Amino acid sequence: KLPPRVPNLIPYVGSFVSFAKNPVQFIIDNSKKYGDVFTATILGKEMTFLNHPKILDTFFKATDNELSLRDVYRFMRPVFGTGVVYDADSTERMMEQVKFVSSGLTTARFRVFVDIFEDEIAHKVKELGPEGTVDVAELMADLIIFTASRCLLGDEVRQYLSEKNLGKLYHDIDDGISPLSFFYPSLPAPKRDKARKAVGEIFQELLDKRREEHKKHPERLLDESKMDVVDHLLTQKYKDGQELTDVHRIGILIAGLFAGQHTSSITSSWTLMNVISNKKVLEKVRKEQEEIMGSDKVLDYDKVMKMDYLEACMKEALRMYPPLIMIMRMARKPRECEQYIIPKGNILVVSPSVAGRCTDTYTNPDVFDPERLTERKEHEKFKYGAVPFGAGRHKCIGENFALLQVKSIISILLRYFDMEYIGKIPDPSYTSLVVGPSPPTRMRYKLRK
Ligand code: HEM
Ligand SMILES: CC(=O)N1CCN(c2ccc(OC[C@H]3CO[C@](Cn4ccnc4)(c4ccc(Cl)cc4Cl)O3)cc2)CC1
Ligand SMILES: [Ca+2]
């Protein structure tokens, strides 16, 4: 029958307070006591957590009529939009919409992205000057506002960032979503809604500016290097023949940009922080960069694809500090799990944060040691030993773009700057929807040329 239970402190609320204090420790602490599969009530919700790589297969291999994502991620509706992604009428429709994004993430676009990255950092060093100190998380966020927007939407968006305060609107949207929004989706957030409508109107004009741009220059549609997500959204249909609405298009763009930004700036912060405050790691990374760059002065894609150790550094940081700390599904029918029979209506939960520290998989898991991956292969010990991008049917489709964005920015900054971090490396703050480092995150920098 049912699994072991974390015991209600209180009716209805259940264990929400300890869970709230630190959701990762909550799961680890209840693991050590009640075992790899336990149910805890949290603000109304029968939440059943799966805590070991070895039980995960049925979680990742199920169908969406068995384990639903849309039942648990629909709360994102007032960020994304009605009828968009996890609010689509069907999983079939969500999947098509996820593919309109993916279709701007091609090898030919990726070559152009490295250029965009070079260009936005060029502009950013003018602000930073010959030396100074800067907040790591803020810098990465601010760069990726400009780089993600141009990569997915094309160059036209930039003037909205530069002159119509678009970056401020994103923030207003971003702040209006909360871990709590999962438990209470209908919470008022009039600031968020105002901005969401603001961005809605700006992207509608962006669609409209493009639609005549297509008429004036239809060679664009033949140029694989210039085709972005906006292009694909205007020119594709659903498979069954139906037209997209401009409402759906806007929504998909916003959702895509949200995915394009937070996970990446966070991961890029934790990666860069750990790299620059470890002499050995920094040395290996600089060495690789010297080797790949040779006598060229700027990046290209092919270079980025050779940056294997820098990629292991990033992946080490995802093990330790995964930005999505919990992956979840609603059980639309009872689900069997080992001895147990997880009941209908329960929310199955899997944590990449918890996986990253599991002593079965990783020696000395509190050390940033990328050679645990490149030499010891500790991730391979299980199929789901490492799931920072998920796995199976809904595995992240941004993975390659994220690897590209974060490797490029870091390589570029390392080209420009000597950098040192100030103080000990912080803990994750479990304040936000997407978990990043407890501020502040300061470093000094000095130009090298
Ligand atoms: C370090 C960076 C990133 C991390 C850690 C990450 C993590 C994840 C994870 C864990 C999932 C699985 C969610 C689930 O199964 O419930 C996922 C799905 C997804 N990610 Fe990412 N992601 C990253 C970057 C991106 C980027 C850059 C994009 C798009 C530009 C993106 C788009 C998506 C999409 C569209 C899905 C949908 C998969 C589905 O529900 O079918 N992600 N991501
Ligand atoms: C209370 C608490 O402490 N809690 C921690 C945070 N808990 C949580 C909330 C949401 C969540 O959602 C992950 C799912 C849904 O959202 C994304 C996030 N995402 C970003 C990049 N890749 C995926 C996504 C996918 C595709 C697209 Cl188009 C856009 C996006 Cl935003 O995947 C995962 C976990 C809620 C509970
Ligand atoms: Ca887990």
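We count residues from 1, following the sequence as given. Both ligands and their constituent atoms are indexed starting at 1 by order of listing.
In the deposited model, most contacts to ligand 2 involve the chain that the PDB entry calls CYP51, sterol 14alpha-demethylase.
The drug occupying ligand 2 is ketoconazole. The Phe19 neighbourhood of ketoconazole (ligand 2) comprises atoms 1 (C), with distances under 4.0 Å to a heavy atom of that residue.
The shortest separation from a heavy atom of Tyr430 to ketoconazole (ligand 2) is not under 4.0 Å, leaving the residue out of contact. For atom 10 (C) of ketoconazole (ligand 2), the nearest non-hydrogen atom of the protein is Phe75 CZ, 3.7 Å. Among protein heavy atoms, atom 9 (C) of ketoconazole (ligand 2) sits closest to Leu433 CD1, 3.6 Å.
Atom 8 (C) of ketoconazole (ligand 2) has its closest protein heavy atom at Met328 CE, 4.1 Å. The heavy atom nearest to atom 27 (C) of ketoconazole (ligand 2), out of those in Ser432, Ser351, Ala402, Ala259, is found in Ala259. Of the protein's non-hydrogen atoms, the one nearest atom 2 (C) of ketoconazole (ligand 2) is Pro179 CB, 3.6 Å.
Given atom 5 (C) of ketoconazole (ligand 2), the protein heavy atom at minimum distance is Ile325 CD1, 3.9 Å. Taking every non-hydrogen atom of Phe183 and a distance limit under 4.0 Å, the qualifying atoms of ketoconazole (ligand 2) come out as 1 (C).
Of the listed options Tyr86, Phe389, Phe258, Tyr86 places a heavy atom closest to atom 24 (C) of ketoconazole (ligand 2). Protein heavy atom at the shortest distance from atom 29 (C) of ketoconazole (ligand 2) is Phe80 CZ, 3.5 Å. Of all protein heavy atoms, the one lying nearest to atom 18 (C) of ketoconazole (ligand 2) is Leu324 CD1, 3.9 Å. Annotation: atom 33 (C) of ketoconazole (ligand 2) to nearest protein heavy atom, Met326 O, 3.3 Å.
The set of residues with a heavy atom less than 4.0 Å from ketoconazole (ligand 2) is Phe19, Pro23, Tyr73, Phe75, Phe80, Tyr86, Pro179, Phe183, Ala255, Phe258, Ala259, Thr263, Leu324, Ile325, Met326, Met328, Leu433.
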